[PDB]
Trainee: 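I'd like to ask you about the structure that follows.
Residue numbering in chain A adheres to the PDB entry, whereby the residues present occupy positions 1-54, 56-330 in order. Read the numbers this way: they start at 1 and go in the same order the structure lists the ligands and their atoms. Computed from heavy atoms alone, side chains included, the values below leave out hydrogens, waters and symmetry copies.
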Amino acid sequence: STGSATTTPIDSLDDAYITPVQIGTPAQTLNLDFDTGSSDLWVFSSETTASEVXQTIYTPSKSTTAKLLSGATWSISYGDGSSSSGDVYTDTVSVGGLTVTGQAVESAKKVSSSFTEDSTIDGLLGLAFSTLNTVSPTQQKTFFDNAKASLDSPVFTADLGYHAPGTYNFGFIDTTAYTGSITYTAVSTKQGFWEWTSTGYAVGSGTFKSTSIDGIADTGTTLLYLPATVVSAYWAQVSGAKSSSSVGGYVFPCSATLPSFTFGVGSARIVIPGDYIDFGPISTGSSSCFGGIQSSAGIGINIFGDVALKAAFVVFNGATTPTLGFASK
Ligand SMILES: CSC[C@H](NC(=O)[C@H](Cc1ccccc1)NC(=O)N1CCOCC1)C(=O)N[C@@H](CC1CCCCC1)[C@@H](O)C(=O)OC(C)C
């Protein structure tokens, strides 16, 4: 089997991407953020504290296939400090025509304020390794892990758009979705992430510096977070750019033409167009824009978030030894 679903930016800034997911019988369609940086499929629900719901909710008592996972609970917090918790059902979950039975669907009893405040995100579908799942006492498998037995190939691909719809595919590689060839690179699962080592970078038309950058491919992070020295090298080529303590990162004049940023995948190179590194105005009508490449020093992990990933066709190869592939597009 395979599945193919359209993923859409939630807003004009490409802050996040949502993908429809059908849960239960009859299907309840929720728009979830597919997050390769976590491993829980959780949803706003009929159990969620009413004052914390503003979203489409899952109602397990309306699904004939929902089963309570007795005694199971979950609690998660994310890199941006958001959080949620609740209890656990198993149910039928379909993405893009690919159906998994017995998927753990974590039903939120409570969600943090940023979840309430974001009308467009009805929950998360985690696609990191199942060792990060937060269900206790027994961790639950991701949708991808449960699908692998039936998939035509144990892979999923992310094809995120720049201010445009894109695609998540499960079980196959669409050879018409990218140019050149895919280059694969090794993945370490020691921290549960799609963690890999970039071979280096270049700014604009300058030289490629071979410097190992250990980081994660995270569809659930908006920006590209890289080492401070790398980020400084990038913004040094933008004459108006400066770090702003009050705004919380590099800011620059919206009228600037930004250089591209190239990162290495083995011998291959992925080029992020300059425009992709313009995240957008700090407020509507501002002359100042926030940078799409920021220092990872405060997070402690380098993160190839959506600014990077949307410049590529990205293959998440979930064979027993996983690998990560990148192609230009
Ligand atoms: C240091 S990593 C910070 C990352 N969050 C983000 O990148 C959020 C995503 C978002 C945008 C709009 C609305 C809601 C959420 N954006 C954000 O913090 N931004 C601040 C900088 O300007 C750009 C937007 C994050 O926590 N990612 C989560 C998934 C994310 C899904 C959406 C809801 C909130 C949680 C996950 O990938 C994670 O924890 O990754 C860690 C392991 C790096």
Trainee: Which chain is the chief contact partner of ligand 1 here, given by its name in the PDB entry?
Mentor: endothiapepsin
Trainee: Out of interest, what does the PDB call the drug at ligand 1?
Mentor: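 Its PDB name is CP-80794.
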Trainee: Assess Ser38 for proximity to CP-80794 (ligand 1): is some non-hydrogen atom of it under 4.0 Å away?
Mentor: no
Trainee: Before signing off on this row, confirm whether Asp119 and CP-80794 (ligand 1) have an N or O atom pair separated by under 3.5 Å.
Mentor: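 By distance alone, the answer is no.
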Trainee: Could you tell me which atoms of CP-80794 (ligand 1), counted from 1 in the order shown, lie closer than 4.0 angstrom to a heavy atom of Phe280?
Mentor: 23 (C)
Trainee: For atom 24 (C) of CP-80794 (ligand 1), which of the options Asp15, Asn303, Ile10 provides the nearest non-hydrogen atom?
Mentor: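 Comparing heavy atoms across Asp15, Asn303, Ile10, the nearest one to atom 24 (C) of CP-80794 (ligand 1) lies in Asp15.
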Trainee: Evaluating non-hydrogen atoms only, which member of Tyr79, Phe116, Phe34, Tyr17 is closest to atom 33 (C) of CP-80794 (ligand 1)?
Mentor: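 Residue with the shortest heavy-atom distance to the ligand atom: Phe116.
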Trainee: For CP-80794 (ligand 1), is there an atom lying under 4.0 Å from some heavy atom of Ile302?
Mentor: no
Trainee: How does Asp81 reach CP-80794 (ligand 1), by side chain, by backbone, by both or by neither, if only non-hydrogen atoms under 4.0 Å count?
Mentor: both
Trainee: Number the atoms of CP-80794 (ligand 1) from 1 as they appear, then name those within less than 4.0 Å of a heavy atom of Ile300, with their elements.
Mentor: 1 (C)
Trainee: Of the UniProt active-site residues in chain A, which one sits nearest CP-80794 (ligand 1), and what is the shortest non-hydrogen distance (1 Å precision)?
Mentor: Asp35, 3 Å
Trainee: Which atoms of CP-80794 (ligand 1) sit under 4.0 Å from any heavy atom of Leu224?
Mentor: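 Listed by number with element, the hits are 21 (C), 22 (O), 23 (C).
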Trainee: Near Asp35, which atoms of CP-80794 (ligand 1) are under 4.0 Å from a heavy atom of that residue?
Mentor: 28 (C), 29 (C), 36 (C), 37 (O)
Trainee: Most of the contacts with CP-80794 (ligand 1) on chain A come from which UniProt domain?
Mentor: Peptidase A1
Trainee: How is the binding site of CP-80794 (ligand 1) composed, by chain and residue number, at heavy atoms under 4.0 Å?
Mentor: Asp15, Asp33, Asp35, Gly37, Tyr79, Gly80, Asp81, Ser83, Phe116, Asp119, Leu125, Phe194, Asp219, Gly221, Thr222, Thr223, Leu224, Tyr226, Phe280, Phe291, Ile300, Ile304
Trainee: Could you list each nitrogen or oxygen of CP-80794 (ligand 1) that sits under 3.5 Å from a protein nitrogen or oxygen, with the atom names and the distance?
Mentor:
from, atom 1, to, atom 2, distance (Å)
CP-80794 (ligand 1), 5 (N), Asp81, OD2, 2.9
CP-80794 (ligand 1), 7 (O), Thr223, N, 3.0
CP-80794 (ligand 1), 16 (N), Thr223, OG1, 3.0
CP-80794 (ligand 1), 26 (O), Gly80, N, 3.1
CP-80794 (ligand 1), 26 (O), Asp81, N, 3.0
CP-80794 (ligand 1), 27 (N), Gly221, O, 3.0
CP-80794 (ligand 1), 37 (O), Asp35, OD1, 2.6
CP-80794 (ligand 1), 37 (O), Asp35, OD2, 3.3
CP-80794 (ligand 1), 37 (O), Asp219, OD1, 2.9
CP-80794 (ligand 1), 37 (O), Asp219, OD2, 2.6
CP-80794 (ligand 1), 39 (O), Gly80, N, 2.9
CP-80794 (ligand 1), 40 (O), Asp219, OD2, 2.9

